Amino acid sequence: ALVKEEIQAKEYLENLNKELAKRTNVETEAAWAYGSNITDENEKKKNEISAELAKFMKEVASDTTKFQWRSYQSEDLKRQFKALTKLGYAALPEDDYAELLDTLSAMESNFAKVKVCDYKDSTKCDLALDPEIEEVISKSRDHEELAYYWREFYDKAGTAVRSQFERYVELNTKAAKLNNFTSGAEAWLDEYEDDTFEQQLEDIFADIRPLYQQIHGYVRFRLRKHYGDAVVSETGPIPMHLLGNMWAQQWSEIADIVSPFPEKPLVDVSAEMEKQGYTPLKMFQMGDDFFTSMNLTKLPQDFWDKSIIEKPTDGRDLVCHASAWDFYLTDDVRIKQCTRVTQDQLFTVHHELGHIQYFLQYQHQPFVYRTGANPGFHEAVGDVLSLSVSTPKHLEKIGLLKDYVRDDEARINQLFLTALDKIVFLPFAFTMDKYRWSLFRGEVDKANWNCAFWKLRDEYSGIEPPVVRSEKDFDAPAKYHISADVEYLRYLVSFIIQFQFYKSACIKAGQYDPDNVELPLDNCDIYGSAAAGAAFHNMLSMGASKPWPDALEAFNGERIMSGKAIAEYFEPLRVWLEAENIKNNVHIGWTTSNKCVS
Ligand SMILES: *[C@@H]1O[C@H](CO)[C@@H](O[C@@H]2O[C@H](CO)[C@@H](O[C@@H]3O[C@H](CO[C@H]4O[C@H](CO)[C@@H](O)[C@H](O)[C@@H]4O)[C@@H](O)[C@H](O[C@H]4O[C@H](CO[C@@H]5O[C@H](CO)[C@@H](O)[C@H](O)[C@@H]5O)[C@@H](O)[C@H](O)[C@@H]4O)[C@@H]3O)[C@H](O)[C@H]2NC(C)=O)[C@H](O)[C@H]1NC(C)=O
Ligand SMILES: C[C@H](N[C@@H](CCc1ccccc1)C(=O)O)C(=O)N1CCC[C@H]1C(=O)O
Ligand SMILES: *[C@@H]1O[C@H](CO)[C@@H](O)[C@H](O)[C@H]1NC(C)=O
Ligand SMILES: *[C@@H]1O[C@H](CO)[C@@H](O)[C@H](O)[C@H]1NC(C)=O
Ligand SMILES: [Zn+2]
């Protein structure tokens with residue numbers, strides 16, 4: 001009978017979770033070794049261990065049918081069993097799974113191994129994205145130089161893997177259908193446990209979209225004054241190579257030429273960091289300090305012993321794209337980052353340490369619950385601290401910002417700078433998954449795959465390639481997450497919910513009061529706040545033990561994902577910018593791009 005079985009089921013789950021953690025540890029070590037050191041041998045090792053774990057998962061999913069788990073009284077036991085039924089790629093036949101792994105490593109290794117020739121020196125051909133190409137994209141204001149590096153990178157990181165990407169789409173679809181999802185889009189969306197999640201995001205995006213259009217319009221206007229009308233048109237999409245980022249996902253690198261008040265201070269602490277002799281180690285130690293200051297968990301010795309926080313100086317190939325790793329034991333957590341001493345990198349350090357903190361907070365949970373409440377929660381943690389670190393308030397405390405006067409104009413500059421990262425990113429993030437969803441769902445014919453990408457980038461972000469592209473090119477995989485098969489919606493969710501977390505943490509810290517002019521949201525510093533840390537502890541320690549609205553409720557008593565907080569943060573900017581665009585007769589919106597030939 002069911003009472004006796006449920007008791008047996010509890011014991012079954014307890015043992016199985018511990019077994020799954022141990023088996024996943026082995027897979028994770030092999031994946032770490034490959035990412036840290038790309039070789040044919042490490043690839044083979046990584047993929048063979050994954051195939052072995054996949055085989056075990058199949059047996060697990062099969063064994064769940066021996067339990068009447070849907071009949072059980074315990075919501076907790078039912079939730080754990082449900083988690084185990086979800087095979088993902090491991091549902092594929094043995095041979096198909098092996099082919100998918102080989103396809104995935106082919107794409108990620110291609111991305112990681114991209115090298116281009118110097119614009120001025122065709123003999124020097126060892127320029128990698130990180131740091132060489134990204135340095136040019138972020139710093140150069142020579143539009144032809146920028147266009148050169150754009151084309152070279154997209155051709156090598158994107159177009160080169162079209163056939164592998166096509167096969168990946170086929171196998172991802174096959175896997176999804178074996179799990180009885182319609183496509184990989186539904187498989188990804190399942191992580192958010194909400195059948196209205198897409199509509200919710202459409203509604204939030206629509207509310208914020210008008211603010212994006214104002215920022216876009218103003219940036220385009222300012223770029224015209226810098227580059228001239230031969231390079232930037234008033235009415236067309238912005239040429240994306242001028243936006244300071246390879247994918248135009250964040251525009252903060254061009255703040256010095258588009259800032260509302262160029263005669264007033266604009267926060268850029270990179271120079272001071274270098275002057276004061278900052279190192280990657282110091283940046284991570286400072287991140288550690290921020291977390292512990294909030295009464296959260298200190299980084300364990302394994303982190304310091306085993307992390308890679310600087311680009312290796314030997315000849316080896318590796319994945320330099322920053323990442324945080326859980327090894328599913330106790331206190332074995334690691335970061336791999338090719339750390340540079342810049343302001344932007346200080347934020348990346350805090351982002352990655354947010355992941356690490358989440359790992360530490362939930363490591364006592366059973367294996368199946370050792371992940372984020374939803375993928376967006378995991379991405380949000382570090383960014384909440386980054387919002388605080390980025391404030392003039394905090395940066396003055398740590399001696400990185402000197403002789404700063406926070407008048408009305410300096411505040412607008414700072415808000416605009418933040419928006420160049422936070423608002424600009426929203427349409428970008430949405431398009432990454434809108435694109436892949438449309439491919440997964442079979443909504444775009446193979447003949448139209450590349451122009452379908454640029455169509456979305458045009459429709460949502462109002463940006464376009466610097467040169468004419470066609471279906472002979474394939475540009476999507478030039479973005480890491482697309483080559484590496486990492487779901488992107490997590491970042492759209494994060495950029496919305498991080499402001500919900502930040503607003504609440506700031507209120508708990510006594511750092512934000514909407515009726516107090518001396519306590520504005522955009523200058524809140526949660527450093528040293530045990531009350532803010534307590535909220536994080538309450539939420540993060542849950543892991544995935546409960547549906548995400550329960551995790552949000554543990555933080556601040558709310559159960560709904562909302563664009564209220566992000567709009568509240570930027571409201572003073574919205575008011576000022578709307579007026580400024582009217583004052584300067586700024587054209588808003590854009591004509592359809594001519595840069596992808598069908
Ligand atoms: C995705 O969706 C798929 C459906 O589109 C689904 O595939 C189905 O899974 C079913 C398993 O749940 C499976 O059902 C079995 O069918 C057997 C006979 O199938 C043959 O004939 C069919 C035509 O009539 C064909 O379509 C098939 O291809 C086969 O040729 C049955 O023999 C079998 O039965 C046994 O099991 C049931 C279930 O028992 C349950 O558990 C306890 C006992 O442990 C019961 O007390 C309880 O009541 C409960 O029912 C017993 O009742 C029975 O006595 C037998 O022991 C069973 O019905 C089905 O064949 C399969 N395919 C199709 C096309 O339907 C996938 O599983 C889904 N995938 C995922 C990941 O969810
Ligand atoms: C730097 C960061 N890395 C990823 C890593 C994703 C990942 C998942 C699984 C395996 C390898 C890498 C992360 O979320 O930490 C990142 O890609 N981020 C942060 C914000 C937006 C997004 C971007 O830069 O596109
Ligand atoms: C990289 O891997 C190779 C074998 O694939 C190994 O011999 C070598 O020690 C590794 N290099 C480094 C720097 O760890
Ligand atoms: C730190 O957290 C613990 C529980 O994790 C709590 O009991 C303690 O009160 C906190 N310290 C402070 C100063 O709030
Ligand atoms: Zn992240």
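Throughout, residue positions are numbered sequentially from 1 according to the sequence presented. In listed order, ligands and their atoms are each counted from 1. Values below: every heavy atom of this structure, side chains too, minus hydrogens, waters and symmetry copies. So this one's X-ray crystallography, 2.0 Å, going by the header.
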Peer 1: Name of the drug or drug candidate at ligand 2?
Peer 2: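 Its PDB name is enalaprilat.
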Peer 1: Give the name from UniProt for the chain that makes the most contacts with enalaprilat.
Peer 2: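 Its main partner is Angiotensin-converting enzyme.
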Peer 1: Where on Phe425 is there a heavy atom closer than 4.0 Å to enalaprilat, on the side chain, on the backbone, on both, or on neither?
Peer 2: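 Within the 4.0 Å criterion, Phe425 contacts enalaprilat through side-chain atoms alone.
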Peer 1: Please report which non-hydrogen protein atom sits nearest to atom 13 (C) of enalaprilat, along with the residue it belongs to and the distance in Å to one decimal place.
Peer 2: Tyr491 OH, 3.2 Å
Peer 1: Identify, for atom 10 (C) of enalaprilat, the protein heavy atom at the shortest distance, and state residue, atom and that distance.
Peer 2: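 Of the protein heavy atoms, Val486 CG2, 4.5 Å lies nearest.
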Peer 1: UniProt Zn(2+)-binding residues in chain A with a heavy atom under 4.0 Å from enalaprilat?
Peer 2: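 From UniProt's list, the heavy-atom cut-off leaves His351, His355, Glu379.
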Peer 1: Please confirm whether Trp247 approaches enalaprilat to less than 4.0 Å, judged on its heavy atoms.
Peer 2: no
Peer 1: Just to be sure I read this right, does enalaprilat sit under 4.0 Å from the backbone of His378, its side chain, both, or neither, counting only heavy atoms?
Peer 2: neither
Peer 1: Just jot down the enalaprilat atoms closer than 4.0 angstrom to any heavy atom of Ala322, in number order.
Peer 2: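 So the atoms of enalaprilat that pass are 1 (C), 3 (N), 4 (C), 5 (C).
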Peer 1: Under 4.0 Å from atom 20 (C) of enalaprilat, do we find at least one protein heavy atom?
Peer 2: yes
Peer 1: Show which other ligands and ions come under 4.0 Å from enalaprilat.
Peer 2: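 Under 4.0 Å from enalaprilat, the others are ligand 5 (zinc ion).
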Peer 1: So if I count the atoms of enalaprilat from 1 in the order they appear, which ones are less than 4.0 Å from some heavy atom of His351?
Peer 2: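 Matching atoms, with element in brackets: 13 (C), 14 (O), 15 (O), 19 (C).
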Peer 1: Nearest to enalaprilat, which UniProt active-site residue of chain A is it, and what is the least heavy-atom distance to 1 Å?
Peer 2: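 Heavy-atom nearest UniProt active-site residue: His481, 3 Å.
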Peer 1: Which residue supplies the protein heavy atom nearest to atom 24 (O) of enalaprilat, what is that atom called, and how far is it?
Peer 2: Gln249 NE2, 3.2 Å
Peer 1: Could you tell me the residue and atom name of the protein heavy atom closest to atom 1 (C) of enalaprilat, and the distance to it rounded to 0.1 Å?
Peer 2: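 Going by distance alone, atom 1 (C) of enalaprilat is nearest to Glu352 OE2, 3.4 Å.
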Peer 1: Please list the nearest protein heavy atom to atom 25 (O) of enalaprilat with its residue and the distance rounded to 0.1 Å.
Peer 2: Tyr488 OH, 2.3 Å
Peer 1: Write down the UniProt domain of chain A that holds the majority of residues in contact with enalaprilat.
Peer 2: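 That would be UniProt domain Peptidase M2.
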Peer 1: Measuring from the heavy atoms of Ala324, does anything fall under 4.0 Å of enalaprilat?
Peer 2: no
Peer 1: Relative to the heavy atoms of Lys479, which atoms of enalaprilat are at a distance of less than 4.0 Å?
Peer 2: 23 (C), 24 (O), 25 (O)
Peer 1: Find all residues with any heavy atom less than 4.0 Å from an atom of enalaprilat.
Peer 2: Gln249, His321, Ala322, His351, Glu352, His355, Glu379, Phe425, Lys479, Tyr480, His481, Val486, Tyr488, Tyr491
Peer 1: Considering only N or O atoms, set out every pair between enalaprilat and the protein closer than 3.5 Å, with distances to one decimal place.
Peer 2:
| residue | atom | partner | partner atom | Å |
| --- | --- | --- | --- | --- |
| enalaprilat | 3 (N) | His321 | NE2 | 3.4 |
| enalaprilat | 3 (N) | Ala322 | O | 3.2 |
| enalaprilat | 14 (O) | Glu379 | OE1 | 2.8 |
| enalaprilat | 14 (O) | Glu379 | OE2 | 3.0 |
| enalaprilat | 14 (O) | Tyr491 | OH | 2.6 |
| enalaprilat | 15 (O) | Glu352 | OE1 | 3.4 |
| enalaprilat | 15 (O) | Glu352 | OE2 | 3.2 |
| enalaprilat | 15 (O) | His355 | NE2 | 3.2 |
| enalaprilat | 17 (O) | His321 | NE2 | 2.8 |
| enalaprilat | 17 (O) | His481 | NE2 | 2.8 |
| enalaprilat | 24 (O) | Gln249 | NE2 | 3.2 |
| enalaprilat | 25 (O) | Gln249 | NE2 | 3.3 |
| enalaprilat | 25 (O) | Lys479 | NZ | 2.8 |
| enalaprilat | 25 (O) | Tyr488 | OH | 2.3 |

